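First the structure, in the form of structure tokens, and then the observations on it.
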Amino acid sequence: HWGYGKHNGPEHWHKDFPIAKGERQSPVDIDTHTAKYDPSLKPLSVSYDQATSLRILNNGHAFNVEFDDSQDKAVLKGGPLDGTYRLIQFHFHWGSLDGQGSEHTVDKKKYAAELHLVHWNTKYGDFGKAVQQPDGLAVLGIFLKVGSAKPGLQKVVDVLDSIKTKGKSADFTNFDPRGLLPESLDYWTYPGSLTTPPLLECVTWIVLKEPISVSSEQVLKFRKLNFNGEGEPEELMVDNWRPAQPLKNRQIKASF
Ligand SMILES: CCN[C@H]1C[C@H](C)S(=O)(=O)c2sc(S(N)(=O)=O)cc21
Ligand SMILES: [Zn+2]
């Protein structure tokens, strides 16, 4: 089934998911000299003070930190969005080496990793309904570069040893996602898709301009995770990123 290796990787996904060759696929390269500054674009409103994290899980493709989304606790509003989008989970994509790992690129520059905070439009009532709609999800993407340690990331790094292999999960309460935000919330936005199967074209992408920095030893611990389940041959979970897709009939807008 799908993965990131030679035999089941991104170049093969269209055989099982024909929308892989669709008109609003993600990620894309953001060319900064062609993005249009749009003065109509409102500031983002990130209200994460009431976030309740529950669990961290290795799902064989990345690891997800899951949030309670039964009520409007942690939400995203404003920017290009109409309505309220609830945070349900975040995960990362990263590389085997510091010069690759992000899915979006900026003037073809690749970063060491990319954080995706996934939110769904509450007017559709549940998550499963929201992914079937063109404005169902909003994903906030943040680039990670290697430099100084990010204090707010260390609790995540410390629990990775307990979810080394696919299917493992651990309780992960009281984690505050505000510790993962850059100082500035300036952004680019465009209409796109999920970057993994099922590749549904339901996402409004909001990619922040400012990277956060993490240390070398923090990103090193991501690279020790396993794609495989326990008792199977070890394959290190690295390079779980999709390459940039054609922009086609789309415009990237900048808030700045
Ligand atoms: C491993 C499958 N992950 C898929 C399906 C999940 C149900 S989701 O939350 O819709 C989601 S969000 C993204 S991404 N990389 O575009 O942010 C990929 C996925
Ligand atoms: Zn992602």
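Numbers for residues simply follow the sequence, beginning at 1. Read the numbers this way: they start at 1 and go in the same order the structure lists the ligands and their atoms. These values consider heavy atoms only, across backbone and side chains, with no hydrogens, waters or symmetry-generated copies.
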Check your understanding: Out of adrafinil, chloramphenicol, dorzolamide, cidofovir, which is the molecule at ligand 1?
Key -> dorzolamide
Review point. Which chain forms the largest contact interface with dorzolamide (ligand 1) when counted as heavy-atom pairs under 4.5 Å, and how does UniProt name it?
Key: Carbonic anhydrase 2
Review point. Which species is recorded as the source of chain A in this PDB entry?
Key: Homo sapiens
Check your understanding: What is the UniProt domain of chain A where most contacts with dorzolamide (ligand 1) occur?
Key -> Alpha-carbonic anhydrase
Exercise for review: Consider dorzolamide (ligand 1): state whether an atom of it lies below 4.0 angstrom from any non-hydrogen atom of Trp205.
Suggested key: yes
Point to revise | Close N or O approach (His91, dorzolamide (ligand 1); < 3.5 Å) | key: yes
Review point. Which is closest to atom 11 (C) of dorzolamide (ligand 1) by heavy-atom distance: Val131, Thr195, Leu194?
Key: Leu194
Exercise for review: Give yes or no for whether the N/O distance cutoff of 3.5 Å, strictly under, is met between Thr196 and dorzolamide (ligand 1).
Suggested key: yes
**Study point:** Zn(2+)-binding residues (UniProt) of chain A within 4.0 Å of dorzolamide (ligand 1), heavy-atom distance
**Key:** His91, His93, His116
Practice item. Tell me which part of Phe90 gets within contact of dorzolamide (ligand 1): side chain, backbone, both or neither, using heavy atoms under 4.0 Å. Key: neither
Review point. Going by the order shown, which atoms of dorzolamide (ligand 1) are within less than 4.0 Å of some heavy atom of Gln89?
Key: 9 (O)
Review point. Just heavy atoms, cut-off under 4.0 Å: does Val118 contact dorzolamide (ligand 1) by side chain, backbone, both, or neither?
Key: side chain
Practice item. Tell me which UniProt active-site residue of chain A is nearest to dorzolamide (ligand 1) and the heavy-atom distance to 1 Å. Key: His61, 4 Å
Check your understanding: Is the shortest N/O to N/O distance between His61 and dorzolamide (ligand 1) below 3.5 Å?
Key -> no
Check your understanding: What lies under 4.0 Å from dorzolamide (ligand 1), among the other ligands and ions?
Key -> ligand 2 (zinc ion)
Practice item. Could you find the nearest protein heavy atom to atom 10 (O) of dorzolamide (ligand 1) and give me its residue, atom name and distance? Key: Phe127 CZ, 3.4 Å
Check your understanding: Which UniProt-listed substrate-binding residues of chain A does dorzolamide (ligand 1) come close to, with any heavy atom under 4.0 Å?
Key -> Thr195, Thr196
Point to revise | Under 4.0 Å to a heavy atom of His116 - the qualifying atoms of dorzolamide (ligand 1), by number | key: 14 (S), 15 (N), 17 (O)
**Study point:** Verify atom 6 (C) of dorzolamide (ligand 1): protein non-hydrogen atom under 4.0 angstrom away
**Key:** no
Check your understanding: Which dorzolamide (ligand 1) atoms does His93 reach within 4.0 Å, using its non-hydrogen atoms?
Key -> 15 (N)
Review point. Which residues would you count as binding dorzolamide (ligand 1), with heavy atoms within 4.0 Å?
Key: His61, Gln89, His91, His93, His116, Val118, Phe127, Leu137, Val139, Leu194, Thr195, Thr196, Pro197, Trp205
